[PDB]
Amino acid sequence: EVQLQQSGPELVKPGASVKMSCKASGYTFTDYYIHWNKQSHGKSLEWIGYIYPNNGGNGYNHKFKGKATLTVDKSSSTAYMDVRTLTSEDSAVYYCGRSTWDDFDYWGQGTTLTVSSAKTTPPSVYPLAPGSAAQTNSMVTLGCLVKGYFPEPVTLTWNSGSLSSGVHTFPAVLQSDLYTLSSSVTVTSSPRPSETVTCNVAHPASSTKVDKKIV
Amino acid sequence: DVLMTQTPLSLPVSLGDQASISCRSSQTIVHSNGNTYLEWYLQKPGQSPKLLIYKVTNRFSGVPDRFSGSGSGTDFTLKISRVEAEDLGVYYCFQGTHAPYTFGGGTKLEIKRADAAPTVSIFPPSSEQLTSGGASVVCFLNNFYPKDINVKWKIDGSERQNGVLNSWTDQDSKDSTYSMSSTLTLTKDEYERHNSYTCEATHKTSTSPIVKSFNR
Ligand SMILES: c1ccc(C2(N3CCCCC3)CCCCC2)cc1
């Protein structure tokens, strides 16, 4: 399968530059154009330009020409976008897409680019038990509070991944430039407290993993 | 640059119903090769846009037959027969005829259904947060519908607002509801100085609150 492994969220101060890539496996990297698209705050979509991996033929949207630089690595099947002169407006989700002469094909997963002059500050994971809400005797709701972490990416998980049903992980809101997440797993009375419910939080930009539980 | 306008911005529909998302071009996007490059993308939340329809009329490999696009050079329409739950997401039309290639604004397909009163949960400050010095009172209003549903935090009866951050989870695709999180954050300092915490839930399902509370 056309597995485009576009990857890595990362933050960069303004003025700086960044180089993101897409791995094309499953096919002939030289046969299809690789395109670059900008998904601005999970909302707006804009086209940056393309690159064709057999001759290096390329083109850009005049609006991204002064900051975008597209290149390819033919021997390792990878395309790269170089974003430079990074002001706040550059922080966004960038997709890499495959296109035949006529149409787009498979888009890559996505790259998050936080343009920030700020530091990386790990999440404070405080576990939540009831004692005051919808009783624990039939089906109970537990929570995990991930607060005060920067930058934006953290994934909340449960029971080593051994509790995927009934979980509501809400998005994050930013307090004074920190992000606060909260998720909740509605489990049976039998499970908590009888059994262990472990909250697994991960935050790349700080190398922070903390597996928690409660009373 | 060719402008792409996607009406409606938001389209609510129930299950088994039909949906029609329009997209129009500031000018013809019929290519000289004699082809119209208008694409239809469906981006599910927490995902990337995937291709549904290419060249107005054609459907991508493995896309269900319920989606059908059509249009005339300047006006296009994506059509859905019997909206299903997994059809939530933002719908996009794209033009790869004139450069630079533009994307239409997008369209929201939330799914209408039967009202559901939220299962409300309240959580006092966990132990570590106190030892550390702050206090966060959390409240999970899960599995509800419709979306407009207010939450007022009241301390010892008195309404409270500043220090509260609410977050909405996207409309679940398996059941068609929402979940919200309200977190009354207040310094342990101002917290120990009180007894009861009320997370009240106003909403449009049954016109009567669901109140959760705790006292320290
Ligand atoms: C390089 C290769 C293909 C294109 C597209 N288009 C194909 C038909 C003819 C006009 C340009 C539009 C953008 C998405 C891919 C298709 C642009 C640039």
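Throughout, protein chains are lettered first and strands after them, A, B, ... in sequence-line order, and every chain is numbered starting at 1. For this deposited structure, the header notes the method as X-ray crystallography, 2.2 Å. Atoms within a ligand are numbered from 1 in the order they appear, just like the ligands themselves.
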Can you remind me what the drug at ligand 1 is called? phencyclidine
To what macromolecule is phencyclidine bound in this model, taking the chain with most contacts, per the PDB entry? immunoglobulin
Mind listing the other chains that have a non-hydrogen atom under 4.0 Å from phencyclidine? A, B
Hey, could you tell me which residues sit within 4.0 Å of phencyclidine? Heavy atoms only, please. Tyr33(A), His35(A), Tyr50(A), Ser99(A), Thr100(A), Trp101(A), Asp102(A), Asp103(A), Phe104(A), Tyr37(B), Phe94(B), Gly96(B), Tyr101(B)
Among all protein non-hydrogen atoms, which one is nearest to atom 10 (C) of phencyclidine, and what is the separation to 0.1 Å? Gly96(B) O, 3.1 Å
Show the atoms of phencyclidine that are less than 4.0 angstrom away from any heavy atom in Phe94(B). 13 (C), 14 (C)
How close does the nearest protein non-hydrogen atom get to atom 17 (C) of phencyclidine, and which residue and atom is it? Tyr101(B) CE1, 3.4 Å
Using a plain distance cutoff, I'd like to know if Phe104(A) has any nitrogen or oxygen under 3.5 Å from a nitrogen or oxygen of phencyclidine. no
Identity and distance of the protein heavy atom lying nearest atom 7 (C) of phencyclidine: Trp101(A) O, 2.6 Å
So which protein heavy atom does atom 16 (C) of phencyclidine come closest to, and at what separation? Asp102(A) O, 3.4 Å
Write down the molecule name that the PDB records for chain B. immunoglobulin
I need the source organism for chain A from the PDB entry - what is it? Mus musculus
Could you tell me the residue and atom name of the protein heavy atom closest to atom 18 (C) of phencyclidine, and the distance to it rounded to 0.1 Å? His35(A) NE2, 3.6 Å
